[PDB]
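Written out below as structure tokens is the structure these notes cover.
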Amino acid sequence: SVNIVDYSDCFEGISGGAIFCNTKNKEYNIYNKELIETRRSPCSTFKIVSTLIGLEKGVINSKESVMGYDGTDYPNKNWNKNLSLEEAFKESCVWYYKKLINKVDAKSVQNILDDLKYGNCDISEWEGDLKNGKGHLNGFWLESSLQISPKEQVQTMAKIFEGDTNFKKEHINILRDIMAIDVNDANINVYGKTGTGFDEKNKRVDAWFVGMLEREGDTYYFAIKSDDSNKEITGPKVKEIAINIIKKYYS
Ligand SMILES: *C(=O)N1C[C@H](NOS(=O)(=O)O)CC[C@H]1C(N)=O
Ligand SMILES: NC(=O)[C@@H]1CC[C@@H]2CN1C(=O)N2OS(=O)(=O)O
């Protein structure tokens, strides 16, 4: 049962869409259907899947696992250390996940994305959008060849966390641990990841918050996405919109 809904009051004037789906009672709530079906770069939301790839291939093993920091200077304080999987995920540390993915052969990544139906599954621009000048701080998942819609994000999240993939339960639980967020409401468990990019072609942001909500037996998989032309709209801003929607409509 697909319900078209109006969450515009929570977007406080920012252009975007939201989809919340409960796979038990098959209830899909959609705000801005056209946007929810449009494929865009996942940006840092891809760290959800990249974490599972690294765990499955043995590049990392636990939420403590390290990737061998080499001393490179970065402006984010917390990137300048041999950080663990759990801290790299929470700090959205690009060098950690770039080094992780570059230890995996392209055919393995292709087959996993194909199995997950991860959007267009297009990893052809492996090294990413090099024309932005950021060099090694780039990859196929960051405003580059790989694109996925908010609906497809929710479908992927649901397949993973309902246990319908071949990923190990141990590895799923590590991901659950590191994605948990504190929304100052103990009656719901929220998990998610932000992402931020700028679509230079269309001059619009790609700002994301993707994840899941558990509340008293029911689970909702969700994706909130802005395509606003205002460059101040970031992943963290869209997460704030997402939490307001959760608190108002899913409590
Ligand atoms: C991922 O989207 N990115 C890595 C890092 N995290 O940003 S987030 O808070 O939106 O997750 C900085 C920006 C972005 C990128 N383009 O590298
Ligand atoms: N980024 C978060 O996790 C958000 C932002 C602030 C706190 C924790 N959280 C909330 O939902 N908060 O708001 S609060 O309930 O009004 O205190």
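All residue numbers given for chain A refer to the PDB entry; the residues shown span 59-309 in order. Counting convention: from 1, in listed order, for ligands and their atoms alike. Note that these values count all heavy atoms, side chains included, but never hydrogens, waters or copies made by symmetry.
- What binds ligand 1 most in this entry is, by the naming of the PDB entry, Beta-lactamase.
- At ligand 1 one finds the drug avibactam (bound form).
- Within 4.0 Å of avibactam (bound form, ligand 1) on heavy-atom distance sit the residues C101, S102, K105, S150, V152, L200, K251, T252, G253, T254, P294.
- Less than 4.0 angstrom separates atom 14 (C) of avibactam (bound form, ligand 1) from at least one non-hydrogen atom of the protein.
- Of all protein heavy atoms, the one lying nearest to atom 12 (C) of avibactam (bound form, ligand 1) is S102 OG, 4.7 Å.
- The PDB header gives the source organism of chain A as Clostridioides difficile.
- Atoms of avibactam (bound form, ligand 1) found under 4.0 Å from any heavy atom of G253, numbered from 1 in the order shown, are 2 (O), 10 (O), 11 (O).
- With ligand atoms numbered from 1 in the order given, avibactam (bound form, ligand 1) contributes 9 (O), 10 (O) to contacts under 4.0 Å with heavy atoms of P294.
- Listed by number with element, the atoms of avibactam (bound form, ligand 1) under 4.0 Å from a non-hydrogen atom of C101 are 2 (O).
- Lab note: covalent bond from avibactam (bound form, ligand 1) to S102 OG.
- Scanning all protein heavy atoms for the shortest distance to atom 8 (S) of avibactam (bound form, ligand 1) gives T252 OG1, 3.4 Å.
- Checking only distances, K251 does come within under 3.5 Å of avibactam (bound form, ligand 1), N or O to N or O.
- Nearest protein neighbour of atom 6 (N) of avibactam (bound form, ligand 1), counting heavy atoms only, is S150 OG, 2.8 Å.
- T254 OG1, 2.5 Å is the protein heavy atom nearest to atom 10 (O) of avibactam (bound form, ligand 1).
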